[PDB]
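Check out this one - isoxicam stuck to Prostaglandin G/H synthase 2.
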Protein chains: 2
Amino acid sequence: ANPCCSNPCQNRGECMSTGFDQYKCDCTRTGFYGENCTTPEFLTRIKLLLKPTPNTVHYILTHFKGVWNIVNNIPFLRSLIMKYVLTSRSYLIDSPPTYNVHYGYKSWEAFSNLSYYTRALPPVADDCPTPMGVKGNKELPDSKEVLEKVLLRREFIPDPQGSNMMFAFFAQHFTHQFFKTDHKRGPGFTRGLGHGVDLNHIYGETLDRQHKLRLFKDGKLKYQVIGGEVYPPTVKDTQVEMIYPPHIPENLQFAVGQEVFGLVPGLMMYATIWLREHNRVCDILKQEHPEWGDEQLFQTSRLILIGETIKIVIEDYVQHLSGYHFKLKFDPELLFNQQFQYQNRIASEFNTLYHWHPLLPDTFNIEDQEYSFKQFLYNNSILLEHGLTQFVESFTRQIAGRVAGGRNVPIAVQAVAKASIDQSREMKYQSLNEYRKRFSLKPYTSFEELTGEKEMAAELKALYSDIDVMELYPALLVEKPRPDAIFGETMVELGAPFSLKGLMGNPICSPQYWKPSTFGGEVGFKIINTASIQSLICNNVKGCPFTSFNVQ
Amino acid sequence: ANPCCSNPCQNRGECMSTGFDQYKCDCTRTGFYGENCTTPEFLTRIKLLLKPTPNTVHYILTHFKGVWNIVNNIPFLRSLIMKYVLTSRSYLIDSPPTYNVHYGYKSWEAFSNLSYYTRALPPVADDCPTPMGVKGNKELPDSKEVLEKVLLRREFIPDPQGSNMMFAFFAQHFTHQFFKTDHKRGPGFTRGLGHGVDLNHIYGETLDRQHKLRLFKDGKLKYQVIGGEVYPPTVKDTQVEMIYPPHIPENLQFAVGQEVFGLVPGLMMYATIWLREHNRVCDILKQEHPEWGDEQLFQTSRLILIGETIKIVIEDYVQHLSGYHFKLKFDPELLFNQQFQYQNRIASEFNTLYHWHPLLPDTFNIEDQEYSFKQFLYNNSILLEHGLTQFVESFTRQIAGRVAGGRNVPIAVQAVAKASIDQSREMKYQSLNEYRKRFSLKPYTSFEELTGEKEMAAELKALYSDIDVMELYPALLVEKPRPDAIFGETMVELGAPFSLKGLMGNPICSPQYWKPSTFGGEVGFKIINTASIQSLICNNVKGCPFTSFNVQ
Ligand code: HEM
Ligand code: HEM
Ligand SMILES: *[C@@H]1O[C@H](CO)[C@@H](O[C@@H]2O[C@H](CO)[C@@H](O)[C@H](O)[C@H]2NC(C)=O)[C@H](O)[C@H]1NC(C)=O
Ligand SMILES: *[C@@H]1O[C@H](CO)[C@@H](O[C@@H]2O[C@H](CO)[C@@H](O)[C@H](O)[C@H]2NC(C)=O)[C@H](O)[C@H]1NC(C)=O
Ligand SMILES: Cc1cc(NC(=O)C2=C(O)c3ccccc3S(=O)(=O)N2C)no1
Ligand SMILES: Cc1cc(NC(=O)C2=C(O)c3ccccc3S(=O)(=O)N2C)no1
Ligand SMILES: CCCCCCCCO[C@@H]1O[C@H](CO)[C@@H](O)[C@H](O)[C@H]1O
Ligand SMILES: CCCCCCCCO[C@@H]1O[C@H](CO)[C@@H](O)[C@H](O)[C@H]1O
Ligand SMILES: *[C@@H]1O[C@H](CO)[C@@H](O)[C@H](O)[C@H]1NC(C)=O
Ligand SMILES: *[C@@H]1O[C@H](CO)[C@@H](O)[C@H](O)[C@H]1NC(C)=O
Ligand SMILES: *[C@@H]1O[C@H](CO)[C@@H](O)[C@H](O)[C@H]1NC(C)=O
Ligand SMILES: *[C@@H]1O[C@H](CO)[C@@H](O)[C@H](O)[C@H]1NC(C)=O
């Protein structure tokens, strides 16, 4: 019914109805004009002729290693390239944000209501004849069939980039501070009102929760000591609400900032490490500032840990997953003379693409044990049994699964994968190809081009008929990986700009925050600027075990 | 005891304690170095030894009328200057915001908690030996004595700039969407969580209040007709909470977005006008878009009225109060190639400086009647009796009071003036001279220099002893005005950057919003770009009476 149902406006032109059966494309600042914003301005043809494709740039970043070594060791040159990386990657995201699950046009409600995830692409209107707009059949193919045919794991496929369980659980722990769906309201709603890296998964989303978690001495968070080792306090001792099945002993219900972190020992491992890190930073600050009170010690340490998180995420975590030989750098100063908005709104599509469940193994191997999913979930006794040191050593050694490439979702979480499909449809996501165009990628012209093989493509052809009807979420998991890579093109090109905004958009990266006094002086500042996944583990885990995001 | 109590760091350097009796200044990016950030770097020496003073700039903007006349009539030149004006006025506000009433250092709590007003200068620490830090006596002078000696009106002092009651009530109506102190929590807290121009004073702060005010047909707001004229609906009809004394009959309990707007018929006049404007724009959009539903008509109209409001605030309202011969321009495009943060957090000091109660007359003169304060307050029957047309005609003719220059607060609101003093102290405001330095102004060296006269200066000298201990709020009302102006230097130099951020920081001014389709096409867009206080009144008040912000 809506004349904009067919998504006729190209190159980010905006579609507006002008009657029951007519539309107008607003081509303002797109660089194109004409009825559908497809005629390039002269400068546009110049830009287009020059810009390399994402696969070309990926090739360059993953080759000429000898050259990247030269670059990485020349400070001013590394800075220069990172500066370019930053600006190149930061023009695709609407900031201030625009659409959401209930608004396919800009509105004050969509802007102002922080309970929604934002949307990179507006939803397919409710009165459109087909789920994707006007293409395809009345209903999309059975989600169970999609799941069973091309997503479910047959044999475990290891990640060729060598990602390990330290990587998988770091991804889970880190992202679950800003992916926190409010199931009461619906899949298009979030409980993470900070919309980014605020460390609410350590400190609590609300002030009441934070205060229940705090010791109110020396800036510290409450903790218990068990067999000489520091662990989170209990629900019983703190009244911090946590999600635990009823059969869990009171003494095993650890209470942390994020209420779902009792779900798996690997989340609780990271919760425990960051808890120790907070109190460690508290000791350092108290040493540097014997005149400070508890409140300032707490707040300053939180700012420092936010800093360390952003640092580690960029220079270790994103560094590893990218596969780049270029050494990414966390340096807010690089944006100070550039246009950039210090703010972020978490996109629904970012949440959706980040469902990296293929990472998980069939069993979790710690020391000489192999835990099934059933044994592993909600089982903090496993953490106490083995200890943090053994957990790190074991997770560092265990390979994670490949995410793109298809057929690698562990069956234990098949309901989760089905729900990602079903809820994408519920939220009226536009198709894979629309999202590809939205991120300046070439539309796939066949299912074989998407997968790079023939068997899964054939299954999908039979299911969807038209590549233009293929959905974003399953596509991300069946996409042809880059050579020996964990992800395909669509995953990287969508994930990167969302991730950048969540990290650099933090206020601590703004010029008035990014200075020593914000972090209690040069000592606190140095903690941020020297942070690494290895140092986080070395400072807080007995014996300073070697760790890394890849298997050795 | 805090070693930062004396405010040792200059030129926006940040003070941090480094022990019980030592501090350190963080001079990062100040352009100065040395223990207190007072040694100018070389390039700072250049900038300084040729930056014109605010009074010089104000001289130039308010003279050479013939030159400005040429400038105003050459579009590219007017734009060029406005572009300069915009950037020259946007480097003084911390954005993302920093301090608040409870935090004299940056913290995640101060950044994230939207219920606080933010602070342009951090509060004086609790354990400082004196209210202002280290200077002055153990107690500030009796606020009643300060009020009675230099603030309270003897004889009515008319504004020489000719500001009228349309101006005064516009100031009150417009600002009360973002100055909404949460008295439950304290003077440092706000109920205006949008922190700017969101028009919650028409539409309501919350969705459920908004939905009570809406007709749910054609995008319109509920209204009632009395004697052939459109007025806001009642509390009985809508169920929205309003503040009214218990003796107001049900038929006079008007319901509007801001709960206090029944306080005064002047506010209800503007509430009525803006309600009519919303419904007018709904009519226009429905004509443009027969295919649109109620929700989109409502949301689009709200966006349009937001643009109208910003347009009128800049080009009529601020235009009048500034006294500039240069014609200010609302043009979001002028910021598109500039560094600028599209966000805003309302500053407590902005709230404080905007207590412009000396504007108020001794009596409110409508048609042939002169109403007293007791007669005027909470008396909407006056509005019904005379009507909007007579309100506009009368308020356009009636002169408002001068704000700077002292002794012009009407006795009827003396408790409000005393509270501004008392709450400033509660919120631990730094001194007038610290605020002047914060905004690049020369500190006053005596009370006579502050007032430009001798009698009020002498009383203040007796009360305060030291000019460096003089408080911000009463200083603003006793300050020497610019020549035949309504305000003095401090008022304009603090007010201007805060005001700019609230208006241009609005998301509708960002590039992704500032396009015709956001407002339902060129028709909606034209309504914003041609808006004016005269056309607002012309379109919505019977007879289209002439109006202006100047008695003229
Ligand atoms: C043993 C490990 C894991 C289990 C048992 C698990 C299970 C689940 C379940 C049941 C949900 C749905 C939760 C809900 O709807 O409230 C979910 C959501 C999610 N998972 Fe996993 N998952 C695991 C690991 C991971 C990993 C390694 C990642 C890496 C990125 C990940 C990413 C996500 C994301 C981003 C969501 C959506 C969060 C939200 O919107 O609230 N998960 N997972
Ligand atoms: C008949 C006219 C007016 C009356 C009866 C009035 C009265 C009041 C009162 C009772 C308060 C609350 C004080 C407190 O809680 O301590 C207040 C606050 C305020 N007034 Fe007025 N006023 C009037 C006109 C104006 C005008 C013309 C302006 C011009 C801008 C203005 C600006 C303000 C501001 C900015 C506040 C602080 C509001 C807040 O933070 O919520 N008022 N006024
Ligand atoms: C914003 O900060 C205020 C000030 O601390 C918070 O209000 C306090 O909240 C606690 C409950 O968490 C109450 O016991 C206090 O009475 C409140 N104090 C005041 C002065 O109101 C408020 O909760 C914070 N808001 C958010 C969203 O965290
Ligand atoms: C943000 O939007 C959601 C969705 O509209 C709002 O949730 C609705 O609020 C009304 C109250 O006016 C309830 O009657 C509905 O049940 C809510 N719907 C859902 C899905 O929860 C929410 O109130 C909005 N938040 C704000 C701050 O306005
Ligand atoms: C997949 C995937 C990729 C990804 N992120 C990135 O590719 C990606 C980042 O996350 C990012 C973070 C900080 C500064 C710059 C970059 S980047 O240039 O946009 N790039 C390396 N997150 O998930
Ligand atoms: C007093 C007072 C002044 C004032 N504002 C101004 O002086 C002032 C504005 O408010 C402003 C509004 C939009 C764009 C640019 C300007 S300005 O250059 O900062 N200037 C004229 N608000 O209260
Ligand atoms: C060659 C001069 C170019 C124009 C400069 C005009 C400056 C006059 O400006 C003066 O500034 C003083 C500063 O305190 C104020 O006291 C005066 O009121 C003001 O007139
Ligand atoms: C409403 C004003 C209150 C007047 C009575 C108490 C004020 C006492 O204050 C005095 O008032 C005189 C008034 O012009 C001034 O000459 C004095 O300088 C001032 O001290
Ligand atoms: C614009 O797009 C529509 C698709 O809805 C197409 O039918 C029309 O011919 C296009 N016009 C062009 C490309 O000039
Ligand atoms: C939890 O882990 C422990 C090992 O610490 C194991 O003995 C136990 O069986 C597990 N619980 C469940 C329900 O599998
Ligand atoms: C720095 O400031 C303090 C002011 O309290 C003063 O004691 C010291 O002499 C100053 N040093 C300078 C201005 O070089
Ligand atoms: C209310 O306004 C009317 C004029 O409409 C006036 O005559 C009356 O005195 C006012 N009421 C009070 C209590 O002042």
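The chains referred to below are lettered A, B, ... by the order of the sequence lines, with proteins before strands, and numbering in each begins at 1. Counting starts at 1 for both ligands and their atoms, in listed order.
Isoxicam, all copies counted: located at ligands 5 and 6.
Other chains, heavy atom under 4.0 Å from isoxicam (ligand 5): A. Those atoms of isoxicam (ligand 5) that come under 4.0 Å of a heavy atom in A:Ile314, given as number and element, are 13 (C). Applying the 4.0 Å criterion to heavy atoms of A:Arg89 picks out, from isoxicam (ligand 5), the atoms 18 (O), 19 (O). The single protein non-hydrogen atom nearest to atom 2 (C) of isoxicam (ligand 5) is A:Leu321 CD1, 3.4 Å, given as residue, atom name and distance. With a 4.0 Å cut-off on non-hydrogen atoms, A:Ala496 touches isoxicam (ligand 5) through its backbone as well as its side chain. Of the residues UniProt lists as binding substrate in chain A, a heavy atom under 4.0 Å from isoxicam (ligand 5) is found for A:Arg89, A:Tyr324.
For chain A, the active-site residue flagged by UniProt that comes closest to isoxicam (ligand 5), at the heavy-atom distance given to 1 Å, is A:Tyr354, 4 Å. Distance cut-off 4.0 Å; other ligands and ions near isoxicam (ligand 5): none. For atom 14 (C) of isoxicam (ligand 5), the nearest protein heavy atom (residue, atom name, distance) is A:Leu500 CD1, 3.3 Å. Contacts of A:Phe487 with isoxicam (ligand 5), taken as heavy-atom pairs under 4.0 Å, involve the side chain alone.
Considering only non-hydrogen protein atoms, atom 18 (O) of isoxicam (ligand 5) sits nearest to A:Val85 CG1, 3.1 Å. Taking distance alone, with nitrogen or oxygen atoms compared against 3.5 Å, A:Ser499 approaches isoxicam (ligand 5) more closely than that limit. Of all the heavy atoms of A:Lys329, none lies under 4.0 Å from any atom of isoxicam (ligand 5), so neither backbone nor side chain is involved. Of all protein heavy atoms, the one lying nearest to atom 12 (C) of isoxicam (ligand 5) is A:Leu503 CD1, 3.8 Å. Under a 4.0 angstrom heavy-atom cut-off, A:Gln319 registers as lying outside contact with isoxicam (ligand 5). Atoms of isoxicam (ligand 5) lying under 4.0 Å from any heavy atom of A:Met82, numbered from 1 in the order shown and given with element: 14 (C), 15 (C).
Contact atoms of isoxicam (ligand 5) toward A:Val318: 5 (N), 6 (C), 8 (C), 9 (C), 10 (O), 21 (C) (distance under 4.0 Å to a heavy atom of the residue).
The binding site of isoxicam (ligand 5), defined by non-hydrogen atoms within 4.0 Å, is formed by A:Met82, A:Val85, A:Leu86, A:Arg89, A:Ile314, A:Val318, A:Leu321, A:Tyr324, A:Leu328, A:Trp356, A:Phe487, A:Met491, A:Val492, A:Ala496, A:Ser499, A:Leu500, A:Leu503.
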